[PDB]
Enquirer: 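Today's structure: one with LdT.
The sequence lines fix the lettering, A, B, ..., with proteins before strands; numbering per chain opens at 1. Just so it is clear, the values below take in all heavy atoms, side chains as well, and ignore hydrogens, waters and symmetry mates. Just follow the structure's listing: the first ligand is 1, and inside any ligand the first atom is 1.
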Amino acid sequence: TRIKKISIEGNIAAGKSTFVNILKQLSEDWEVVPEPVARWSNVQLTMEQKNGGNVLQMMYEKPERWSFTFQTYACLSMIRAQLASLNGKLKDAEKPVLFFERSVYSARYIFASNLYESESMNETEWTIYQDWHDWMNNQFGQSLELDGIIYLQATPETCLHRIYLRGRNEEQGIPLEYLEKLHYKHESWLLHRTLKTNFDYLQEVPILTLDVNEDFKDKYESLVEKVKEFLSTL
Amino acid sequence: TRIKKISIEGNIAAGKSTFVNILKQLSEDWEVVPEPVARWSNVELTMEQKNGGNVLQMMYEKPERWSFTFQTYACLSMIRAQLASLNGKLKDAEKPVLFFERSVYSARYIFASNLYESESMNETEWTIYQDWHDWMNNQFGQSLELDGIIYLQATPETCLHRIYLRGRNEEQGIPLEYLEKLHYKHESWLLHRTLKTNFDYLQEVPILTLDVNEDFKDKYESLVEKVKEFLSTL
Ligand SMILES: O=c1ccn([C@@H]2O[C@H](COP(=O)(O)OP(=O)(O)O)[C@@H](O)[C@H]2O)c(=O)[nH]1
Ligand SMILES: O=c1ccn([C@@H]2O[C@H](COP(=O)(O)OP(=O)(O)O)[C@@H](O)[C@H]2O)c(=O)[nH]1
Ligand SMILES: Cc1cn([C@@H]2C[C@@H](O)[C@H](CO)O2)c(=O)[nH]c1=O
Ligand SMILES: Cc1cn([C@@H]2C[C@@H](O)[C@H](CO)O2)c(=O)[nH]c1=O
């Protein structure tokens, strides 16, 4: 595909959304697909939004009951939104790039996995979920396949302070220990590459790692210089 | 696709499995897609049989916990089996017909809808399922639109007797009233055609209704004859 798909990965509150919104305004050839759940949190009634708010809340409230339904619905929504941009926007750009906020791979290997490990999914649920993921991406994950990943690396402490700054009410109870786990998985996947997945191409996929421990809100030029560099090599 | 697609629909124990297996043998040009969920009940490997067998058994003990999960996997199981058969055979057939045991339509508008109406999925589970169902079918199931439907129509009382004939343990407690609901559901969809769906073409699909109250296992020729005539119109 002429559209380059680039995913932006990283822990809770690392600055993935902040970084994606930065990128979007820098190039007519650059488009972004935000992740689904972020929209689910705010208020100020589309169907995905009603479902999404409700299931978000049930998850927070009773994880061992709703993890499966939540993760399945998050992935559907993400896939449908990624496929929709990939089919709709960017059409007359000469070097078009679609940046995904997270990806189906991180959804399964970071989030869905920690849920199985947390006992929030039972064995049957985990394996139903992986099977669905498998079949459905081996139909669709192909036009979805990534040309590269960008890893936004912040420490848990950094990430915890940023949950605080964001101040989203239901998140203020997430403890350090939880982010240390998600941290470890990201490093396992994107740094040490010791993580094994079904998707064989992912082992060779180019990765750019950006340390984002320092606020980059009004000082992000150097990061972007790094991204443009990375993009010219795929 | 060059292959004609015909669903076999009917209340529980109306005889769909039975007929499908008769139809199988009749022509080299006729192939069948079995409905994933009976193989789940009986007592060797398969990850889907293992998953489905657990999910079905969990369904039986606590439907309000497991209905949404069961229905998702049942429906995934269906699309993949109907897509696999669509791809893998009747390539050398002069007059190819693939018979689907049940359909993604009955699974949703008959059975899932029943689970909701019985309070085994809440509104979000049901709204999520419907969203998921539309998309799983729109994006993946476009080659599975039906050319026809064959309705094996039997009285709630035929099916109760047939459930008693089949002697599946779990199923023996099934009441007539459950069957009547499901029967009226079938009647509205396929006879009256008052059941409105989210699938435009379906309102237009030709429907053959067959009386299967009289045993047909050793005496199926007039039934097959009506099938052969029906098919000729399409
Ligand atoms: O360099 C940064 C990165 C982000 N944030 C803040 O950290 C919070 C969470 O960031 P974001 O929503 O981007 O995190 P994500 O969950 O998308 O990774 C937000 O209030 C940001 O404004 C910040 O102040 N400086
Ligand atoms: O004409 C018939 C149809 C079937 N049955 C029996 O009735 C039960 C219900 O049949 P089937 O499994 O085909 O029903 P379905 O798949 O519709 O639930 C089974 O034990 C069949 O062997 C029968 O004795 N005569
Ligand atoms: C994005 C995502 C988040 N989570 C959890 C649930 C979310 O409330 C929180 C960050 O938004 O992390 C998952 O379990 N799976 C996911 O796919
Ligand atoms: C085939 C099927 C069966 N069922 C239920 C599940 C079982 O409790 C019973 C079969 O004996 O019917 C569904 O809810 N949906 C289905 O699609």
Enquirer: Report all copies of LdT by ligand number or chain letter.
Expert: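 That would be ligands 3 and 4.
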Enquirer: Help me with this one: what macromolecule has the most contacts with LdT (ligand 3), named as in the PDB entry?
Expert: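 Most contacts: Deoxycytidine kinase.
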Enquirer: Give, by letter, every other chain that has a heavy atom closer than 4.0 Å to LdT (ligand 3).
Expert: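 Other chains in heavy-atom contact: A.
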Enquirer: At a 4.0 Å heavy-atom threshold, which residues contact LdT (ligand 3)?
Expert: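 The heavy-atom cut-off picks out A/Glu35, A/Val37, A/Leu56, A/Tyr60, A/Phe70, A/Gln71, A/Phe111, A/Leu115.
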Enquirer: Identify, for atom 17 (O) of LdT (ligand 3), the protein heavy atom at the shortest distance, and state residue, atom and that distance.
Expert: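 Here the nearest protein heavy atom works out to A/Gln71 NE2, 2.6 Å.
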Enquirer: Could you tell me which atoms of LdT (ligand 3), counted from 1 in the order shown, lie closer than 4.0 angstrom to a heavy atom of A/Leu56?
Expert: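 In order of numbering, the contacting atoms are 8 (O).
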Enquirer: Could you list the atoms of LdT (ligand 3) found under 4.0 angstrom from a heavy atom of A/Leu115?
Expert: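 Counting from 1, the qualifying ligand atoms are 14 (O).
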Enquirer: Please report whether LdT (ligand 3) has a polar contact with A/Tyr60, defined as an N or O pair separated by less than 3.5 Å (distance criterion only).
Expert: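 The answer is yes, given that A/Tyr60 and LdT (ligand 3) share an N or O pair closer than 3.5 Å.
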Enquirer: Considering only non-hydrogen protein atoms, determine which one is nearest to atom 10 (C) of LdT (ligand 3) and report residue, atom name and distance to 0.1 Å.
Expert: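 Result: A/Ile12 CG1, 4.2 Å.
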Enquirer: Could you list which atoms of LdT (ligand 3) come closer than 4.0 Å to a heavy atom of A/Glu35?
Expert: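 This gives 1 (C) as the contact atoms.
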Enquirer: I'd love to know the UniProt active-site residue of chain A closest to LdT (ligand 3) and how far apart they are by heavy atoms, to 1 Å.
Expert: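 The closest one among UniProt active-site residues, measured by heavy atoms, is A/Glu101, 8 Å.
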Enquirer: Is there a polar contact, in the sense of an N or O pair closer than 3.5 Å, between A/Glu171 and LdT (ligand 3)?
Expert: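 The answer is no, given that A/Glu171 and LdT (ligand 3) share no N or O pair closer than 3.5 Å.
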Enquirer: Atom 11 (O) of LdT (ligand 3): which protein heavy atom is closest, and how many Å away?
Expert: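 Sorting protein heavy atoms by distance from atom 11 (O) of LdT (ligand 3) puts A/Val37 CG2, 4.0 Å first.
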Enquirer: Return the residue, atom name and 0.1 Å-rounded distance of the protein heavy atom closest to atom 4 (N) of LdT (ligand 3).
Expert: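 Its nearest protein heavy-atom neighbour is A/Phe111 CD2, 3.2 Å.
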Enquirer: Find the other ligands and ions that have an atom under 4.0 Å from LdT (ligand 3).
Expert: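 There are none.
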